[PDB]
Each structure stands twice: as structure tokens, then as C-alpha cells.
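Data first, discussion second: the structure below is written as C-alpha cells.
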Amino acid sequence: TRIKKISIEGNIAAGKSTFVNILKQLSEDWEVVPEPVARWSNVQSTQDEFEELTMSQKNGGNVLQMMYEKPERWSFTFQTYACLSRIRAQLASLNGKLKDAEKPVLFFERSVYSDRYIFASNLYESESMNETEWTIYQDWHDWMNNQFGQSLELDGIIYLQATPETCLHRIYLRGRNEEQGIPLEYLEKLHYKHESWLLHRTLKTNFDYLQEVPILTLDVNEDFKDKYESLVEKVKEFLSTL
Amino acid sequence: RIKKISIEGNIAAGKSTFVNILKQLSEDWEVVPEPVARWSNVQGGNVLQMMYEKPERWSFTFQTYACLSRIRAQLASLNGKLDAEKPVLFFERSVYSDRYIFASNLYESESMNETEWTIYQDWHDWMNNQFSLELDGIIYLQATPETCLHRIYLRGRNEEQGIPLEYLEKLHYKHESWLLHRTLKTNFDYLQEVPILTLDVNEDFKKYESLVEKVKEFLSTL
Ligand SMILES: Nc1ncnc2c1ncn2[C@@H]1O[C@H](COP(=O)(O)OP(=O)(O)O)[C@@H](O)[C@H]1O
Ligand SMILES: Nc1ncnc2c1ncn2[C@@H]1O[C@H](COP(=O)(O)OP(=O)(O)O)[C@@H](O)[C@H]1O
Ligand SMILES: Nc1nc(=O)n([C@@H]2CS[C@H](CO)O2)cc1F
Ligand SMILES: Nc1nc(=O)n([C@@H]2CS[C@H](CO)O2)cc1F
């Protein structure tokens, strides 16, 4: 549609939510679809219309934690749910926000492509999904994407590049409970997937237009004040090109 | 404008048989078979078998793929093969029996945990709510669990050969609660309005005259 869709990609705790949520104050025509991580650590489904008047919406399972604890059991289930909740949030925001905007830009915290080609794929490569799980996942992912056509197609990607060591430190700073045992090696594997996809651009996907989508790579290893001015200038220049 | 009728009933009640027969009565009638071949050869792995052998491990993966694969087949069949006077599409089962019979039963038996069941409902809610498949009517083929158990052996699907009577009793009570007693509640409000034709298929196929005529004309009321 008229809404430009820009995905913000980068490793866990690179600083995507921080950067984008400050950035988007620069324009009333700019909005963000946050990644549904809260929904993964407290798994809930919709209450009946009458039941919710007399029953609380209780805390459900922690599928994020289950995946970290036993990835060979929970990876498929986690990845399925992560992508479904993402698509759901991105579509609803597409169809409902920025209606009265002159040059609307919707920023996505990550995309369905990072779900598959970074996160799920890394789990398949780690033998945390077997051939059957990997086949089911890709089949479902392809199907959903063909269903939407150009709906979610990206106009641009901003890659926030941080070292695995930076991300590890920032995981500690943020203090999300389920992330606290994450080892450097896991971040490193994820780092490598981001570099292949977004920087060296050697990673091949089932979605041909991606080979051509413009990418802005930003180095976010510095303390926030130290580069923010220059990053904002780069983003504004990049967007003028789309 | 295609009438959509689902055929519901226990494993080996005889849904595929009956509808393949019914199919031939009119050029305006087509069938969407349950994608069971896709389930025993994932394209590969036999996720149907994986689920029967280790249901606590594989039930959620199986259920999700079973429902996905069904939705896909049903949508594709609407998308052009019936430019017909009065088109009817007969579905072998529905996304409702996926959730409210099979998946629910697996949850009830603890083959899915609370998280798995919540994820599955949430996925099923969203998946359905986009993807057109609403039923005009349901035909319920009612066979005793002992009949179904016999017919499992007749058909000889390898993945099915160990199925116990008790498991079929459980599925039978679910179907009965949904389609006969009507005590099974779904979060699909329109389903309370859908007419149900219940047909007893326990005898050897030589009541089939009576049953076809009863369908032929249940349809004329829709
Ligand atoms: N440039 C930066 N300098 C110092 N801290 C940062 C910087 N960017 C992000 N942070 C901090 O790092 C942590 C993770 O950032 P966050 O934006 O939540 O990451 P993401 O959304 O990419 O997972 C937070 O505690 C945040 O305050
Ligand atoms: N009424 C019937 N009388 C005798 N055999 C039947 C009858 N209905 C089905 N069968 C046989 O029983 C088996 C199960 O039928 P099928 O149509 O495959 O069941 P479903 O599609 O309900 O799983 C098949 O071998 C079929 O030929
Ligand atoms: N599909 C995804 N799988 C993941 O494991 N993650 C991990 C676990 S949640 C954390 C959020 O940044 O990253 C993210 C995804 F988007
Ligand atoms: N959603 C379903 N789950 C199942 O286990 N089954 C079982 C296992 S395959 C057999 C086909 O009759 O029935 C069917 C479904 F439609």
C-alpha cells in the first residue's frame, strides 16, 4: 500500500527497540510494530466474551524459556508461534495505523524473514529441529507468505550491527530473565547468519525481491549518545531513497 | 456460492468411501479428501506415525500440520473446479473437528500440555479468522467404535493397526457430544445454525440406497 515498510534487523540486545522507539518520535508519520516477545514469555489465548467478565487472564506458559531450556523439544513449537504472532501484529498495524499520514513509514522490529532464515534455520543447523520439523515449518512459512502477496513485502531493511560481545553485555544490562544463561557461542552463530543475509548478502531465500531490497547497515557498538546523531542522518537519507 | 458440506465421523466410519460414491451423482459435486497421504509422507518423515508412537512429543506438531494441510486443500478447491449450476463441495472433515475433536482429545489425554494447547487454539483462532470455508451443512456418519475398529483392519493402513478400541470410544463420545447431543461448544457462533444430517453407516454397504437419497435431498433444503 502507501505505507513504506522498513524492518529493523539485528541480534538479540543489539539495541533495535531502543533505537527505533526514539527514532520514530522524529515524525508523526512514523510508527513501530514491536516484536511480540512478551507474548512468548507469557503464552495466552483469547478469552470467551462472558468468561472474561468474571475470570482474569492468567499467566500462561513460558514457551521462550522452554525453548532455551530444551531446544530439541521446543524449537519447532516456539518458531511456529513466534512467526504467527509476528505476522498477526504486523498485519493489524498495517491495516489500522498511519491512516491520516502524508508519508507513512511503518518500522517492523524484525521480520518473517529473520524468523525463518536466522532463527529457525540456526535451530535446524543445530539439530534442534529435525528434518520433519524443518520441512513442516518451511511449508507453513511459504504458504502463509504466498497468501499475503505484497502485503508485508519490505521496502527497506536497516541492519543494526553489533558484536556478539556487545549483545551479550546488553542482554545483561536489559536483564530479561530468560536470556540470562545465553552463551556467547549462540549469539555468535546468530551474528554470522545476520552477516551472510544482510552484509555479505550471500544467503539465498525463497523470496526473490529480497535480493534487491535496499539495506542500510548501522554500527551500533558505541554508547548511544556517541553515534545517534549520525545514525539518524543516515536513516533519513536512506528513507528519502525508497 | 459453492455449498460447502463437511462429512464428519470416526476413523474408518466410511467417509471417504461414501463421498467418493456421492461424488458421481452430479458433475456439480466435488470432494476435498482428508490429506492423510501428506501426513504419512511429509514433503519424508511419517508425522502421523510419529504422533501415534510418541503422542506426548508429536501431537502438537501433527495437529498443526494436519489443520494447515486441510485448510490449504479446501481453499485450493474453492479456487476453481466448479461455472456450475448448483455447486457442492464435500469436505472430508473440517477445521472444527481438527480442534474440537482430535486436538481437544489429545489435550484431554495429556498428549498436549497447557502451553501447547494454548498455542494451538491461538494459531487456530488466527488461521481460521483470515481463511470462506464456512459450512452450509454437515453430514455425520455414525458408526460404533467396534465397527470403526473392524474397518480399520479392513483398510489396513499401517499407522493405524495398533489403535485400541478405547481411543475410538473417546473419539466417538466427542463426535456424539458435538453432532448429536449438541453439547459441544465452539467459539464459532454460526455453527449452531448449520443443519446436521446424521446417517447410520454401521451396516454393510448393501443401506446405501436410502443414504444417498437422504443426502441428495438434505442438500435441496440448503
Ligand atoms: N547504543 C547503546 N548504548 C548503551 N545501551 C544500549 C544501546 N542500545 C541499546 N542499549 C541497551 O541495551 C539493552 C538492549 O537494547 P534493546 O533495544 O532492548 O535490544 P533489542 O530490542 O535489539 O533486543 C537495553 O538495556 C538498552 O537500554
Ligand atoms: N458401509 C460399509 N460396509 C462395508 N465396508 C465399508 C463400509 N464403509 C466403509 N467400508 C470399508 O471400511 C474401510 C474404512 O472406510 P473409509 O471410507 O476409508 O473410512 P474413512 O474415510 O471414514 O476413514 C475401507 O476399507 C472401506 O472399504
Ligand atoms: N523467531 C525468533 N526466534 C528466536 O529465538 N528469537 C530469540 C528468542 S526471543 C529473542 C528476541 O530478540 O530472540 C527471536 C525470534 F524472532
Ligand atoms: N486432526 C486430526 N487429528 C488426528 O489424529 N486424526 C486421526 C489420525 S489420522 C486419522 C484419519 O482418519 O485420524 C485426524 C484428524 F483430522
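Chain naming is simple here: A for the first sequence line, B for the second, and so on down. In chain A, numbers come from the PDB entry; the residues present are 19-260, in order. Using the PDB entry numbers, chain B covers 20-62, 78-116, 118-166, 169-243, 245-260, in order. Just so you know, ligand 1 is whichever comes first in the structure, and atom 1 is the first atom listed for that ligand. If you're wondering, the header gives X-ray crystallography, 1.9 Å.
The drug observed at ligand 4 carries the PDB name emtricitabine.
Per the PDB entry, the macromolecule in most contact with emtricitabine (ligand 4) is deoxycytidine kinase.
Other chains with one or more heavy atoms under 4.0 Å from any atom of emtricitabine (ligand 4): B. The contact residues of emtricitabine (ligand 4), taking heavy atoms under 4.0 Å, are given as B:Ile30, B:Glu53, B:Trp58, B:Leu82, B:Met85, B:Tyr86, B:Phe96, B:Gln97, B:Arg104, B:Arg128, B:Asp133, B:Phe137. At under 3.5 Å, a nitrogen or oxygen of B:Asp133, whether backbone or side chain, sits near a nitrogen or oxygen of emtricitabine (ligand 4). With respect to atom 9 (S) of emtricitabine (ligand 4), the closest heavy atom belonging to the protein is B:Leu82 CD1, 3.6 Å. Residues of chain B that UniProt annotates as binding substrate and that have a non-hydrogen atom under 4.0 Å from emtricitabine (ligand 4): B:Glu53, B:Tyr86, B:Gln97, B:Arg128, B:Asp133. Protein heavy atom at the shortest distance from atom 11 (C) of emtricitabine (ligand 4) is B:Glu53 OE1, 3.3 Å. Lab note: per PDB, source of chain B = Homo sapiens. Looking at the UniProt ATP-binding residues of chain B, I find a heavy atom under 4.0 Å from emtricitabine (ligand 4) for B:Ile30. Shown in contact with B:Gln97 at under 4.0 Å from a heavy atom are these atoms of emtricitabine (ligand 4), numbered in order with element: 1 (N), 2 (C), 3 (N), 4 (C), 5 (O). Listed by atom number, the atoms of emtricitabine (ligand 4) under 4.0 Å from B:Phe96 heavy atoms are 3 (N), 4 (C), 5 (O). The UniProt active-site residue of chain B having the smallest heavy-atom distance to emtricitabine (ligand 4), to 1 Å, is B:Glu127, 7 Å. Here the protein heavy atom with the shortest distance to atom 8 (C) of emtricitabine (ligand 4) is B:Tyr86 OH, 3.1 Å.
Among protein heavy atoms, atom 12 (O) of emtricitabine (ligand 4) sits closest to B:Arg128 NH1, 3.0 Å. When only non-hydrogen protein atoms are considered, atom 7 (C) of emtricitabine (ligand 4) lies nearest to B:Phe137 CE2, 3.7 Å. Of all protein heavy atoms, the one closest to atom 16 (F) of emtricitabine (ligand 4) is B:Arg104 NH2, 2.8 Å. In terms of protein heavy-atom proximity, atom 5 (O) of emtricitabine (ligand 4) is closest to B:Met85 CE, 3.4 Å.
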